[PDB]
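In this PDB entry you will find methamphetamine.
The order of the sequence lines fixes the chain letters, beginning with A. Residues 1-219, in that order, are what chain A shows, numbered as in the PDB entry. Residue numbering for chain B follows the PDB entry; the residues present correspond to positions 1-213, in that order. Numbering, chain C: per the PDB entry, residues 25-161, 203-599 in sequence. Counting starts at 1 for both ligands and their atoms, following the listed order. The way this entry was determined, per its header, is X-ray crystallography, 3.1 Å.
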Amino acid sequence: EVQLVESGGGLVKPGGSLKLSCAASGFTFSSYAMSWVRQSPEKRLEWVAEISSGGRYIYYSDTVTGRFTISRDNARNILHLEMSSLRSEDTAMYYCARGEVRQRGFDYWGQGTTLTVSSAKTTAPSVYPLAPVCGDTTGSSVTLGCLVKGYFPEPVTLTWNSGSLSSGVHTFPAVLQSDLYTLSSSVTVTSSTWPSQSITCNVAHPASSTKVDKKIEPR
Amino acid sequence: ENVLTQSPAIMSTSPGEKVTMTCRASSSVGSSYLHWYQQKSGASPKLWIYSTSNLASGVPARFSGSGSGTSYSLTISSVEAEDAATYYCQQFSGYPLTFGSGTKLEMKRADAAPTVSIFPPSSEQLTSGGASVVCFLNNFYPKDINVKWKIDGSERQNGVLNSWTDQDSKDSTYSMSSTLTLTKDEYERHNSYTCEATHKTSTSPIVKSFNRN
Amino acid sequence: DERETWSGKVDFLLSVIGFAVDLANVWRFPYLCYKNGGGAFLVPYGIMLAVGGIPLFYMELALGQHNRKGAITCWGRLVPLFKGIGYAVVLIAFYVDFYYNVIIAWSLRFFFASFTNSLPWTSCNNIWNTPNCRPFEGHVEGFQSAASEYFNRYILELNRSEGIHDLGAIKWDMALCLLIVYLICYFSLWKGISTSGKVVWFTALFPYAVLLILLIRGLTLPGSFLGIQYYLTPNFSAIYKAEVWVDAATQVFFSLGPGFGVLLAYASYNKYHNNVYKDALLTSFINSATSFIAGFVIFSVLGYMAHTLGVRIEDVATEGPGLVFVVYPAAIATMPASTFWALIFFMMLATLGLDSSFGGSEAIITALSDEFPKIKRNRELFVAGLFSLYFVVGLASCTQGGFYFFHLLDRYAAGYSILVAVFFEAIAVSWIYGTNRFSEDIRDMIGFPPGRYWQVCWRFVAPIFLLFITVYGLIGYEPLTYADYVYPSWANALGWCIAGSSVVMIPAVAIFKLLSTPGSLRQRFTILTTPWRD
Ligand SMILES: CC(C)CCC[C@@H](C)[C@H]1CC[C@H]2[C@@H]3CC=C4C[C@@H](OC(=O)CCC(=O)O)CC[C@]4(C)[C@H]3CC[C@]12C
Ligand SMILES: CC(C)CCC[C@@H](C)[C@H]1CC[C@H]2[C@@H]3CC=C4C[C@@H](O)CC[C@]4(C)[C@H]3CC[C@]12C
Ligand SMILES: OC[C@H]1O[C@H](O[C@H]2[C@H](O)[C@@H](O)[C@@H](O)O[C@@H]2CO)[C@H](O)[C@@H](O)[C@@H]1O
Ligand SMILES: *[C@@H]1O[C@H](CO)[C@@H](O)[C@H](O)[C@H]1NC(C)=O
Ligand SMILES: CN[C@@H](C)Cc1ccccc1
Ligand SMILES: [Cl-]
Ligand code: NA
Ligand code: NA
């Protein structure tokens, strides 16, 4: 039925500017008011700005006031957020929501679009295999690993056998250290499953145009 | 600005029990202007309770809102595993609009010892000059756990990257990834490396080492 | 930024409840129920009230609070082409104060004469009585009642006047009452809603105190139930009648105060985030409820006369000043402790017109104050000059032929004038200004947009509802006549000028500043069709 899609956003240098767009469908857009709500990496929800149904009455938070401009296109049903002189504190995932009746709160939310403000340069991740020490053998089952280290910015796409294995798989969230993200993933398969078959760790890092699959051997 | 504070910050509960999370505002808020949102892990927030009482469409009757003035509360009659998420209270009473600090609801279960795995630096990494050791602690409860790195005889307190998985909706356990990064030249100067984690489950730590041999 | 504000909600509510509730709630509504066949009349009444009446009442209170300024500036900042509407609305209320205040004076006059025992209107034995006088109401015109001859041959002295051309001598006891009325209105609206909001605490609340007493005192009398039958006994045969739906539509519109700029003025002093939709619904209900309650008050006494006093219900059941100044007092005189019921009754009539007159004058003052800062800074002097103009011109209605002058303004002044005014108010807001644009204004104030039900009534129902009343009003038109006297054709024309004086302002101001601005339409047109966007 009702669907909201946030588009745009990505890495931006401090002081820079960017424009976010929200595509509204499934309802009359001119009727409902819209708002931008961002959630920081610390998971703190902060209301940014609200626009009227006709785009007349506008409200901003004291944080983004004067540095942000929220627009409205009722013809194509597109919501816009114009950012300028971006700071590091402005890094979060921005949400599109309505937003019409104050007493009903926010009806629907978009999937959100991520904005990262940093001076850090974009770098491709280095994928490393995790091969068990040799060896205690087995054992009921054996765990493998894939180390993705020194990349930026987020996100990264990590699966196993092209998403074939969803079982016994733990993908740990990235941890930013000195302007670099380090990520790792563990998969647990039976002793007869490996290395009898092929267990592959494939990582995808769109920012650097890095698509790399991998094979794990106990060499 | 109207500051909404929610407590407890994190909450563990066994399925079927009754949970209550509160909300407190700097200034008095209209009872019809206070709403609650449920945000599941890796998902967008969803309207849950509005006007302090009325539930939303799709929201089970187990949820109930209450409170007024500067104090509000969200209550779940009988908690279910699918009710585990972060809950945010928010007020439309006045601008700027503000969200509560949020209350993270986690499911409580039986204690389980972590399954630990240690991996040596990958040969692909050594050629780059760096050497990083990784240790996986999988499927344990509760969340808190402590990894300790030792090269040979002595412990190394720095150069460690820890990561924790969010609580899964299946076995409701946690997991940790501890990565110790070193230079290859400084890595090849020591022939032994040990990764051990002291959990609540055992009075003595689960330990696994490896040698360059 | 910025504007003076209310002393808190109860002041505003009582001002609106005060303005909305008047003698029309008493001498009119109950009569219509009787004429239209009882509680069945509530059906067309309630329907005409829901679709037509409230939405118009809601509308004015909404943009009244939203734009936060008088009728003149409000429509000037809304649809500058239609700014003339604000002018029309203001001078309509200006015409009304020339006459309507007289009713309050009559109330004070009867109040002064009711101090005594053996009330003067209870006997045909007096000096002003004709041989054709009767103890109570009848059929034949040549023979009137005792309470009727007192009002006509003593108070009004309308027998001296042969028509509107002869106003006779000025009656000073009546001029004294009118002056007393204008004084009360001056020390009320003196400092504005500061004092005004406090005074309505009495004028608005007092009538309900007396209503409760007369409601009990009425139902405590023999044949009181018989009157309630003639009042509420349903005939649903009238539901199919066209005139019934017209009377219900007419009463509902005139009972509420939309289009007078009074609601617009009162609401302009509201807090921007105050909830008007709650106030509009509340105030509306209290109004109709008061009429319904008062209905029991009148017909309980009316039925009492038919039973104990031996008079036909058709004769004693009437509308307008005749009911309150003649029929009802006649019944009170027969009851034990007559002097008490008479004193509180006439005081109720005065307090019923006072808060209604407050809003009328305030609509002029507030609309002008926002338009002209000169009379904004000088207040006490302005209202003094205004009420001075009222009193002087009002002396025409204090004459012996005063009623002939009063009845002329009653029919013509606000009757056909405001219907077209409010019709343009509805068309301007819903179409020129637009509904979607207006609905958004309310959402920013009360937090939520009006239901689509309200949007439909504003854009469609109201305009048809207004023309419905206007069309039938013109088709059922007749030359002005009172009793056996027929007004000269010049008198009729003099009233159309008064009725046209207001309405003509709309197209006039539309043309005036249409020639003032440069460019060429649509360019000149679109400038006047744009609201104030800064
Ligand atoms: C004669 C005395 C004793 C009673 C007077 C009758 C009115 C007080 C009642 C009768 C019909 C009622 C109306 C019936 C229909 C509704 C529709 C309703 O519209 C909506 O609310 C739609 C959704 C929403 O916005 O809530 C608003 C009130 C209203 C006009 C009611 C207003 C109050 C009314 C006029
Ligand atoms: C029906 C007869 C017999 C009794 C009527 C009682 C009168 C006094 C009742 C009816 C409706 C009532 C009002 C309803 C609305 C308000 C708004 C509130 O903020 C102040 C009190 C006030 C103004 C009430 C005063 C008392 C009131 C006017
Ligand atoms: O009998 C009572 C009372 O009636 C009249 O009084 C008039 C008075 O004359 C007027 O000047 C004005 O004050 O209204 C009064 C109403 O009673 C008569 O004057 C006389 O009978 C007496 O005063
Ligand atoms: C009635 O009594 C009042 C008491 O105030 C008095 O003024 C009046 O003269 C009396 N009526 C007469 C004597 O006709
Ligand atoms: C409430 N009914 C109005 C006719 C009363 C009024 C009085 C003075 C001015 C305008 C209107
Ligand atoms: Cl009425
Ligand atoms: Na009325
Ligand atoms: Na009144």
Place of methamphetamine in the structure, all copies:
ligand 5
What is methamphetamine bound to here, taking the chain with most contacts and naming it as the PDB entry does?
Transporter
Find all other chains that place a heavy atom under 4.0 Å from methamphetamine.
C
Within 4.0 Å (heavy atoms only), which residues surround methamphetamine?
C/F43, C/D46, C/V120, C/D121, C/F319, C/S320, C/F325, C/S421, C/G425
